[PDB]
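Beneath this line is the structure, given in structure tokens, with notes to follow.
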2 protein chains.
Amino acid sequence: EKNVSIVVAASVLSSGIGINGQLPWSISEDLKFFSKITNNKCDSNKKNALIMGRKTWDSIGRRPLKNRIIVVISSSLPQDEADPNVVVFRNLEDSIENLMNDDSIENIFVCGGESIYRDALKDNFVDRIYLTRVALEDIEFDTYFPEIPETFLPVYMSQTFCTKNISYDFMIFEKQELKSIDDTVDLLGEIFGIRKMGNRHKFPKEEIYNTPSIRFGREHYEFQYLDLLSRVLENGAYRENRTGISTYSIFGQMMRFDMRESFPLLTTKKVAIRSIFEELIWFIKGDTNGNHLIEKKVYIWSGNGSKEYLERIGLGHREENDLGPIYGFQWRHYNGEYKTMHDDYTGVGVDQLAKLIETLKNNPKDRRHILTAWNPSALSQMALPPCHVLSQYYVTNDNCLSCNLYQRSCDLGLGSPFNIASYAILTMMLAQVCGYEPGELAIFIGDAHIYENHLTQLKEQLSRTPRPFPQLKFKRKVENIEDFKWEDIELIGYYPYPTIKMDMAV
Amino acid sequence: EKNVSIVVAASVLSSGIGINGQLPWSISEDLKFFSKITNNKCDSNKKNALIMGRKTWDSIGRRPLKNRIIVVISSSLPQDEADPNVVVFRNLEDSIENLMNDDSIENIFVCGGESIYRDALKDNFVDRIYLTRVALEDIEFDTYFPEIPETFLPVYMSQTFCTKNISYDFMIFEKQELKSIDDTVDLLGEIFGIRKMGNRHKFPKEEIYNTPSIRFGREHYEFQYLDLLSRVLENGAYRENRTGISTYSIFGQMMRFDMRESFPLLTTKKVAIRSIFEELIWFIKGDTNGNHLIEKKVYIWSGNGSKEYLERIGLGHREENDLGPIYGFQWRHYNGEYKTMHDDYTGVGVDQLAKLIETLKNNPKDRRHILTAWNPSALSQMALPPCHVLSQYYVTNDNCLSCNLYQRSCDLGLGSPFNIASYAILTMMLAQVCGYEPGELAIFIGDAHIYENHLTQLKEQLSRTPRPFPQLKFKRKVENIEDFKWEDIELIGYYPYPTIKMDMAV
Ligand SMILES: NC(=O)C1=CN([C@@H]2O[C@H](COP(=O)(O)OP(=O)(O)OC[C@H]3O[C@@H](n4cnc5c(N)ncnc54)[C@H](OP(=O)(O)O)[C@@H]3O)[C@@H](O)[C@H]2O)C=CC1
Ligand SMILES: NC(=O)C1=CN([C@@H]2O[C@H](COP(=O)(O)OP(=O)(O)OC[C@H]3O[C@@H](n4cnc5c(N)ncnc54)[C@H](OP(=O)(O)O)[C@@H]3O)[C@@H](O)[C@H]2O)C=CC1
Ligand SMILES: CN(Cc1cnc2nc(N)nc(N)c2n1)c1ccc(C(=O)N[C@@H](CCC(=O)O)C(=O)O)cc1
Ligand SMILES: CN(Cc1cnc2nc(N)nc(N)c2n1)c1ccc(C(=O)N[C@@H](CCC(=O)O)C(=O)O)cc1
Ligand SMILES: N#Cc1ccc(C(=O)O)c(NC(=O)c2ccc(Cc3c[nH]c4nc(N)[nH]c(=O)c34)cc2)c1
Ligand SMILES: N#Cc1ccc(C(=O)O)c(NC(=O)c2ccc(Cc3c[nH]c4nc(N)[nH]c(=O)c34)cc2)c1
Ligand SMILES: O=c1[nH]c(=O)n([C@H]2C[C@H](O)[C@@H](COP(=O)(O)O)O2)cc1F
Ligand SMILES: O=c1[nH]c(=O)n([C@H]2C[C@H](O)[C@@H](COP(=O)(O)O)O2)cc1F
């Protein structure tokens, strides 16, 4: 009685694993993973058995794998005894004799074709599953990995890796069948009420925890957003705000995202990447004219830039979509005397973005790469004060550009994914213009809240197990950061769950 | 063979537990902890045995404890059989008969006096220790808890709690004698180099991890600073900066601190609390004259305000200690045209602090309680750009004031403890002036670094197991936040480790 694990690499949606007797991709790191996971043994005087079908045995050139014993399932192959590293069995059931006898085999790995997988799961021989999810779906498959039976639960999901612009994951599925510290903490929490800080940051209940079976392996960085949603649903205080829609709010949170091997665009919900990009390039150009976004079919600033909203907050003198000095006016003309959105501001104010780029590519190890939008002198003239308030940038020793963002207020339903993707794109643009590679993205949030009309939606979003992050590449190298266009962005391998409509609070 | 646990409450330094036949304190929550930990059983048809000496039996009025069986060690008390909840034994060894026979006893708790503790540890009967560390040391003791033998290791240290201005901790000591996810993550880290983000955030080695035996119980929030030190020592990249002293640096970190039941002043090192307060009140008053700190024997801004340093950074025109528009000039006179430190600035600039107080006590659930110091227009005039760049404040539904701080650059050796204590004191002042209670303190750090001349020192600081945080109370209620004086602050129960001298990089 020893352990049996399926090892498979399948596509993200249709679970395709093969085409015309070969793999539908060429990912070197995945083969290295197969090698390291099938060689992983505990006894130096024992080998691991790799069970595979005959067509799979043909796919690998009918040559043995070092340090391992290959077990070919076939009804026609001669039961040869010349090669001691290759043995043939007539059916999958008889080949599980490695359990009963043959104490020289430690672990068993089912890694054959669809025919072997399907009745290795049907016969209930499989204890574990090592699944490599690959983000390739608009190609042709003829061999699929069967649907994972409900008796398996995911216990690990790695970060998204990238090979030849192809995104992929690593997951573990397990088949389902000291306490003194926990008891002491529970007793202390019973004694002290909300006096014990742990009780103000309670762990989210299972019913609001995305993919609850993954306890110790929540490595995929989309969990940095779903777990924040869960924490707000668990500990969020019900509070009224400037709008008629109350929120559930907490204070002081953070999220980390990798940008080296993936792009942090949420997969549990289709995110409008084009509107995000157009808003970001609108910021970079220094523009505060709200019509330029409406002309490009981007209506995210329509609510805060209407005649009724502007008159209500005391800006009736302002034109229809004249949002005033906001993001992109403090970026390019900080402390600049604002008049209207039609005036010329070339020369006035402090060009924070230009000085930022100059410092990034002239003094990288400087600790002052800071872009701010909080200007107390101009707050009254704004249609809406800056939410993503401050950002800092950091050049690592291996020429990567990381970004930190402090955001005073975060609408986790709508604003948060937009902010994540927007500052990821901005860091990538800065990295290309300065000659670096994208690094990491940290977001520090003050008032993290969920509007009460989003609950039914966000809980729905928590029911969807995440998929690997896509890739975002630039088609050309620009000369100035303002020259980026939507046609220059290629979004590779983005297979999200369907969009979830959520109304914005004005 | 069942479990035996000492339960004791002792002072932090001298380990005193009694005086004149009674306790040297009156902490109700500690008695509730004793009750809940001695009643904690798994079988409803079994009782727990509480072993105590005769003088301790007198201390509790010679009356039984509900649901438990008291075992009095005494050579003179009559071995009575009338009370089935109290039994007398002539020596401690014979009383351990609960192990061999008497299957109706589940757990055993040694909670007697010094005489019982000392030879319960000497006789090697004790498996666990539940220690309540109390921050009271300048009083009289006549009964002490013996030194914990080296065979025990701490596995848990709670947050600091407060009762009647008395700080206390809860610790567990244990006597010393799935892997698939870890293996998969290790293999992925072998495949991908620094491509896997986990390899850029490696867990600190044991040799640089403060109190390494506490793995799952690092609840005490001083660990939020020691763990950041360890993370920098593990992953910090060696980088040169504007000073001649290079650092080991990482990007994007955070620390949380409770302020409801304690004051986050580090105990692993004696921190100059008076200098912190004087700098903070110097900020609040709007002052940039560095001599006012030197006249009060506070020399922390001398290095960045010398004739040589000012001439080197291009401010030779500036007077000796005229630091320029910095902390407290952007607080009280934001965007105000700075001349010298001698001019009158009452009226010029935006008084951010006053508007902050007004918004805090007039619109608490507002999401714009923001105090900034990053002014791109005034950066060139500063002797040093702002390190603690941005701060946000939050009023909870139970009328507590929490604070978030974004700091662009953090000298973990010198600047970080000062920043922690300083923003804690500032939040407390704002809470008193606005009529709230102190909440939580979150610090978000960009470039967190350790200067290379601090290593030997900081490693030393990592060798000291933390002690409970002290308390900080205000003696009077002021009318304006500027009226605070050093004599108004009472620092209760601060018993730190000796100071560690560390030189500042100019
Ligand atoms: N992405 C991934 O992780 C993997 C992908 N693949 C790909 O999948 C494809 C191959 O899979 P697939 O088409 O299913 O072929 P298989 O690898 O499953 O091999 C099938 C052969 O195995 C034998 N066999 C299967 N079931 C039985 C049985 N119940 N009793 C007796 N013999 C049996 C038969 O051999 P015989 O006719 O001689 O009797 C059969 O022809 C290839 O493209 C391969 O590259 C393969 C492995 C892994
Ligand atoms: N902070 C805390 O957690 C606790 C504090 N305390 C405090 O400590 C003080 C009391 O402790 P302490 O002074 O040490 O007195 P003890 O509680 O240890 O009791 C001592 C008595 O126990 C009996 N005894 C002790 N050792 C032996 C032995 N080897 N064989 C037989 N009998 C023995 C003797 O009784 P006899 O003379 O009758 O034979 C002795 O007089 C009190 O102030 C109490 O409040 C007590 C418990 C917990
Ligand atoms: C059965 N098969 C098809 C195949 C391809 N990719 C997969 N990928 C995964 N994640 N899991 C599988 N079962 C899998 N199987 C294989 C198996 C081994 C090799 C192979 O050449 N392995 C070398 C790889 C050496 C390397 O590139 O470092 C080894 O040492 O294991 C190729 C195809
Ligand atoms: C022996 N002793 C002295 C005393 C005082 N504080 C301690 N504190 C600790 N952490 N550990 C001890 N062994 C301890 N012992 C005791 C023991 C019980 C009670 C007592 O009254 N216990 C009630 C407490 C009721 C409560 O306040 O809710 C109980 O239910 O156990 C007082 C003093
Ligand atoms: N699922 C989903 C989904 C699908 C489509 C879209 C889309 O528009 O294509 C979308 N996004 C928004 O609707 C959106 C996003 C970001 C913003 C930014 C903003 C400015 N002012 C704010 N005020 C408040 N309260 N909240 C805010 O988010 C903001 C404003 C609107 C979400
Ligand atoms: N252990 C210990 C210990 C004991 C005594 C003292 C003391 O002075 O009583 C002390 N503190 C400082 O020396 C100190 C603290 C904070 C500051 C703030 C600051 C301004 N400019 C900076 N430049 C750089 N590089 N680093 C900085 O921290 C700053 C400047 C100096 C530490
Ligand atoms: O980038 C943004 N992210 C975001 O979450 N909001 C939401 C947060 C909140 O719902 C509202 C700000 O309201 P207030 O100014 O009162 O904090 O805008 C707005 C942005 F522009
Ligand atoms: O409150 C402070 N906190 C702090 O950490 N520093 C340190 C951080 C850094 O080591 C140095 C200067 O930072 P920089 O070199 O980016 O100007 O001051 C200074 C303060 F005033």
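Letters A, B, ... are given to chains in the order of the sequence lines, protein chains preceding strands, and every chain is numbered from 1. Both ligands and their constituent atoms are indexed starting at 1 by order of listing.
- Present at ligand 4 is the drug methotrexate.
- Counting heavy-atom pairs under 4.5 Å, the chain with the largest count for methotrexate (ligand 4) is, by its name in the PDB entry, Bifunctional dihydrofolate reductase-thymidylate synthase.
- At a heavy-atom cut-off of 4.0 Å, the other chains in contact with methotrexate (ligand 4) are listed as B.
- Taking every heavy atom under 4.0 Å from methotrexate (ligand 4), one finds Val7(B), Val8(B), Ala9(B), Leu23(B), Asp30(B), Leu31(B), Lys32(B), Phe34(B), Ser35(B), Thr56(B), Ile60(B), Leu65(B), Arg68(B), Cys111(B), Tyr117(B), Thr132(B).
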